[PDB]
Enquirer: 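So I pulled up a structure with benzylpenicillin in it.
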Amino acid sequence: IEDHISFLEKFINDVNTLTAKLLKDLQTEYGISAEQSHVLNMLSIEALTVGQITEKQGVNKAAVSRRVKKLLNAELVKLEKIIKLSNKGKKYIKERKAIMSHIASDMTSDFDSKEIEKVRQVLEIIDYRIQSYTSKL
Amino acid sequence: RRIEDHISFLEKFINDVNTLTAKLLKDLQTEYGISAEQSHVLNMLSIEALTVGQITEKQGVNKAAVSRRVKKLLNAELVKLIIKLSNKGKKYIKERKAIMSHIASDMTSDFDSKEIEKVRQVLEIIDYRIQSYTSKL
Ligand SMILES: CC1(C)S[C@@H]2[C@H](NC(=O)Cc3ccccc3)C(=O)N2[C@H]1C(=O)O
Ligand SMILES: CC1(C)S[C@@H]2[C@H](NC(=O)Cc3ccccc3)C(=O)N2[C@H]1C(=O)O
Ligand SMILES: C[As](C)(=O)[O-]
């Protein structure tokens, strides 16, 4: 009931650890922090204003702008002004998706699609509200 | 790509949760004189008293980093060197649970506890498989 909150934190921590482990080599090849790598994955989902990314990243606006500016200096991201992945940022994300999808489908292979669907619906509602809350104060 | 769609959504969901949390806890962190990342090491330590190496490979980050955050926490007296929490660190974690609890609660008080629980059940196995996978590396 609050232990649900604790569990979600444990789960997130573990996902993050797994990702950090599965993406170790790749992020070195590109010389990118998980911090930087995260924004690309973020932009991989859809384009974004530079002001919009600040809102969907939460921490200091200044921290996020520097990271975006840093991904521009590396030419992994490009302009319109909107911010989108460069052809190079795109190749990185394909390799990232390649790995993540590989293990992800290994881990859910005994799951019937309809079990995952219903679980995904409930999380979407929660993702929705999370975003609305985030939108307000 | 069916699954690949589920990872993207999962990636977006986790980023949204982290963004909310950061916004929700910014003042408490500031009141205790710490940064988000320091507060993170603190929540982990609430899970259990871990040593330096443990917190480094878990979060999956470089050398100086973790140690640096831990030196700052021990100078702020929120930790007790192993590395454990202190009455003041324990107080912070408590204040954080309360905030996260009211918020999680008011964002899920219309759900079926049977609905929340089949969801928790599916995620616990995925956490369990993530965890057993991370052992292999
Ligand atoms: C506003 C920020 C969140 S962003 C600013 C800067 N960010 C960096 O990453 C420092 C840096 C610059 C170039 C290369 C490496 C690191 C730095 O450090 N930063 C933060 C601050 O001082 O409040
Ligand atoms: C790998 C991380 C643990 S670092 C990023 C940020 N870190 C934090 O410490 C935020 C935080 C605030 C309060 C309690 C826990 C974590 C946060 O949230 N984080 C995870 C991420 O998605 O990268
Ligand atoms: C101009 As480009 C880095 O999107 O091929």
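Here is the naming used below: chain letters follow the sequence lines, and residue numbers restart at 1 for every chain. For this deposited structure, the header notes the method as X-ray crystallography, 2.5 Å. Just follow the structure's listing: the first ligand is 1, and inside any ligand the first atom is 1. Because only heavy atoms are used, hydrogens play no part in the values below, and waters and symmetry mates are left out as well, while side chains stay in.
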Enquirer: State which chains or ligands correspond to benzylpenicillin.
Expert: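 Counting all copies, it's at ligands 1 and 2.
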Enquirer: Which molecule here shares more close contacts with benzylpenicillin (ligand 1) than any other chain, as the PDB entry names it?
Expert: Transcriptional regulator TcaR
Enquirer: What are the letters of the other chains with a heavy atom below 4.0 Å from benzylpenicillin (ligand 1)?
Expert: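 Based on heavy atoms, that gives A.
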Enquirer: How far is atom 7 (N) of benzylpenicillin (ligand 1) from the closest protein heavy atom, and which atom is that?
Expert: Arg66(A) NE, 2.8 Å
Enquirer: In the protein, which heavy atom is nearest to atom 23 (O) of benzylpenicillin (ligand 1), and how far is it?
Expert: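 It is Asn60(A) OD1, 4.2 Å.
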Enquirer: Are there protein heavy-atom neighbours of atom 16 (C) of benzylpenicillin (ligand 1) below 4.0 Å?
Expert: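 Neighbour list for atom 16 (C) of benzylpenicillin (ligand 1) includes protein heavy atoms (cut-off 4.0 Å).
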Enquirer: Out of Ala63(A), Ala62(A), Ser35(B), who is nearest to atom 3 (C) of benzylpenicillin (ligand 1) when you count heavy atoms only?
Expert: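 It is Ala63(A) whose heavy atom sits nearest to atom 3 (C) of benzylpenicillin (ligand 1).
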Enquirer: Does at least one non-hydrogen atom of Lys70(A) fall below 4.0 angstrom from an atom of benzylpenicillin (ligand 1)?
Expert: yes
Enquirer: Check this for me - benzylpenicillin (ligand 1), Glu35(A), N or O atoms closer than 3.5 angstrom, yes or no?
Expert: no
Enquirer: Is at least one protein non-hydrogen atom found at under 4.0 angstrom from atom 19 (N) of benzylpenicillin (ligand 1)?
Expert: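 There is no protein heavy atom less than 4.0 Å from atom 19 (N) of benzylpenicillin (ligand 1).
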Enquirer: I'm trying to map the binding site of benzylpenicillin (ligand 1) - which residues have a heavy atom under 4.0 Å from it?
Expert: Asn60(A), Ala62(A), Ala63(A), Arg66(A), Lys70(A)
